[PDB]
Undergrad: 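Can you keep this structure in mind? I'll have questions shortly.
In what follows, every chain begins at residue 1, and chains take the letters A, B, ... in the order their sequences are listed. Order of appearance sets the numbers: ligands from 1, and atoms from 1 within every ligand. Side chains included, hydrogens not; waters and symmetry mates left out as well; all remaining heavy atoms used. Quick check of the header: X-ray crystallography, 1.3 Å.
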Amino acid sequence: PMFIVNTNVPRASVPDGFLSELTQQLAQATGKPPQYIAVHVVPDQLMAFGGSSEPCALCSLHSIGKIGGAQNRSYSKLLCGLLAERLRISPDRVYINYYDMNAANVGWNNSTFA
Amino acid sequence: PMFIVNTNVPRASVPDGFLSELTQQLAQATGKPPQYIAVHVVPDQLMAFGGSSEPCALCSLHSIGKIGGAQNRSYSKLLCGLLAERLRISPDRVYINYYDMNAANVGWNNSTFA
Amino acid sequence: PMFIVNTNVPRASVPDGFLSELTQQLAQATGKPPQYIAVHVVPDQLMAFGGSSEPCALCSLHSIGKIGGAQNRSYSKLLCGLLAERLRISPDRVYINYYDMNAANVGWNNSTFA
Ligand SMILES: CN(Cc1cnc2[nH+]c(N)nc(N)c2n1)c1ccc(C(=O)N[C@@H](CCC(=O)O)C(=O)O)cc1
């Protein structure tokens with residue numbers, strides 16, 4: 001799985017250990033080994049949410065499977081909780097786009113997962 | 001709806017007010033209120049189009065519905081027009097990927113829109 | 001086609017010629033004219049892969065057609081090879097998401113490719 005957060009929160013406000021916390025929490029949430037979890041945080045972005053430049057985040061979670069109605073509700077609670085606690089971003093200023101990827105459409109290690 | 005633009009145009013060439021103009025015009029174009037619109041501009045990027053480093057842009061528009069052939073032609077005219085007028089990017093050096101998101105695959109405020 | 005690479009490798013470690021090589025090799029691999037190839041490299045990113053912040057890359061290839069099982073395996077060998085040779089990223093620390101875009105869902109030059 002791959003989780004990306006783009007945010008206008010400044011770099012210095014991203015706490016040490018945030019990438020490792022995201023890795024462990026997403027490994028637990030997706031049921032996949034941490035070795036497969038990729039995380040990417042992009043601070044200092046020029047972005048607005050609802051016309052406002054107060055703290056916000058635009059995010060995506062891609063996974064081969066483990067994506068669906070109830071699962072995505074759970075991921076949204078988990079990830080909004082982490083963004084609120086660690087980055088001080090209100091959950092109503094976060095969007096997360098979820099992508100269920102087919103194995104043939106994910107390259108890795110000179111091939112794909114197909 | 002969520003609109004992202006990545007461009008090699010420098011930050012100082014992004015005019016004041018641009019995020020608000022994008023918010024307003026996308027609200028009108030999609031039929032969703034400004035409150036739902038997120039916009040994200042990423043200047044100073046290392047990118048080429050057709051092998052050339054002349055000004056260019058790679059963009060995304062994500063929406064739950066309101067995506068389709070005629071609508072996407074209209075969005076492209078609107079958004080290429082804005083990028084040409086405000087960022088001086090030729091419309092033939094812009095790509096915009098459109099994504100019709102399922103409500104269950106969009107998270108916000110601790111849940112999803114399903 | 002459009003290829004994006006996000007990496008924690010620093011900007012100074014991206015060699016001169018990288019975007020040009022990606023453009024030429026992707027034109028060759030996809031069979032599309034280089035005039036239609038867009039490339040984008042984003043170094044200096046805060047990211048981790050599998051619990052490690054050693055060099056890694058999260059990438060996307062979007063194309064109208066030219067996407068499929070065998071084609072994506074070939075692209076992954078080509079692109080992981082380039083990332084290893086030029087950026088010193090191990091191929092097992094690379095993810096590439098492939099997207100077969102409908103022509104009506106790609107804006108360009110004030111319209112779509114439909
Ligand atoms: C971002 N959204 C949530 C929201 C709801 N439905 C959607 N439905 C679709 N199809 N797409 C998106 N993006 C949607 N987003 C959003 C943002 C701000 C207010 C808002 O300012 N509400 C007023 C009025 C209260 C109310 O909405 O009941 C307020 O003062 O809080 C509502 C919704």
Undergrad: What does UniProt call the chain with the greatest number of heavy-atom pairs under 4.5 Å to ligand 1?
TA: Macrophage migration inhibitory factor
Undergrad: Which drug does the model show at ligand 1?
TA: methotrexate
Undergrad: Using a heavy-atom cut-off of 4.0 Å, which other chains touch methotrexate (ligand 1)?
TA: A, B
Undergrad: Could you tell which UniProt active-site residue in chain B is nearest to methotrexate (ligand 1) and give the heavy-atom distance to 1 Å?
TA: B:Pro1, 4 Å
Undergrad: Which residue supplies the protein heavy atom nearest to atom 5 (C) of methotrexate (ligand 1), what is that atom called, and how far is it?
TA: B:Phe113 CE2, 3.5 Å
Undergrad: How far is atom 13 (N) of methotrexate (ligand 1) from the closest protein heavy atom, and which atom is that?
TA: A:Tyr95 OH, 2.9 Å
Undergrad: So, going by heavy atoms and a 4.0 Å cut-off, which residues UniProt tags as substrate-binding in chain B does methotrexate (ligand 1) reach?
TA: B:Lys32, B:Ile64
Undergrad: For atom 20 (C) of methotrexate (ligand 1), what is the closest protein heavy atom, and at what distance to 0.1 Å?
TA: B:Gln35 CG, 4.2 Å
Undergrad: Does atom 22 (N) of methotrexate (ligand 1) have a protein non-hydrogen atom under 4.0 Å from it?
TA: no
Undergrad: Can a protein heavy atom be found under 4.0 Å away from atom 16 (C) of methotrexate (ligand 1)?
TA: yes
Undergrad: Protein non-hydrogen atoms only, distance under 4.0 Å: does atom 33 (C) of methotrexate (ligand 1) have such a neighbour?
TA: yes
Undergrad: Can you tell me the protein heavy atom closest to atom 8 (N) of methotrexate (ligand 1) and the distance?
TA: B:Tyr36 CE2, 3.7 Å
Undergrad: By number and element, which atoms of methotrexate (ligand 1) are closer than 4.0 Å to a non-hydrogen atom of B:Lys32?
TA: 10 (N)
Undergrad: Within a distance of under 4.0 Å, is there any protein heavy atom near atom 28 (O) of methotrexate (ligand 1)?
TA: no
Undergrad: Where does the entry attach methotrexate (ligand 1) by a covalent bond, in terms of residue name, number and atom?
TA: none
Undergrad: Any idea what organism chain B is from, going by the entry?
TA: Homo sapiens
Undergrad: Which residues form the binding site of methotrexate (ligand 1) when counting heavy atoms under 4.0 Å?
TA: A:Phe49, A:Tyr95, B:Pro1, B:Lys32, B:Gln35, B:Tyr36, B:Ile64, B:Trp108, B:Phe113
Undergrad: Between the protein and methotrexate (ligand 1), which nitrogen or oxygen pairs come in under 3.5 Å, and how far apart is each?
TA:
{"residue": "methotrexate (ligand 1)", "atom": "13 (N)", "partner": "A:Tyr95", "partner atom": "OH", "Å": "2.9"}

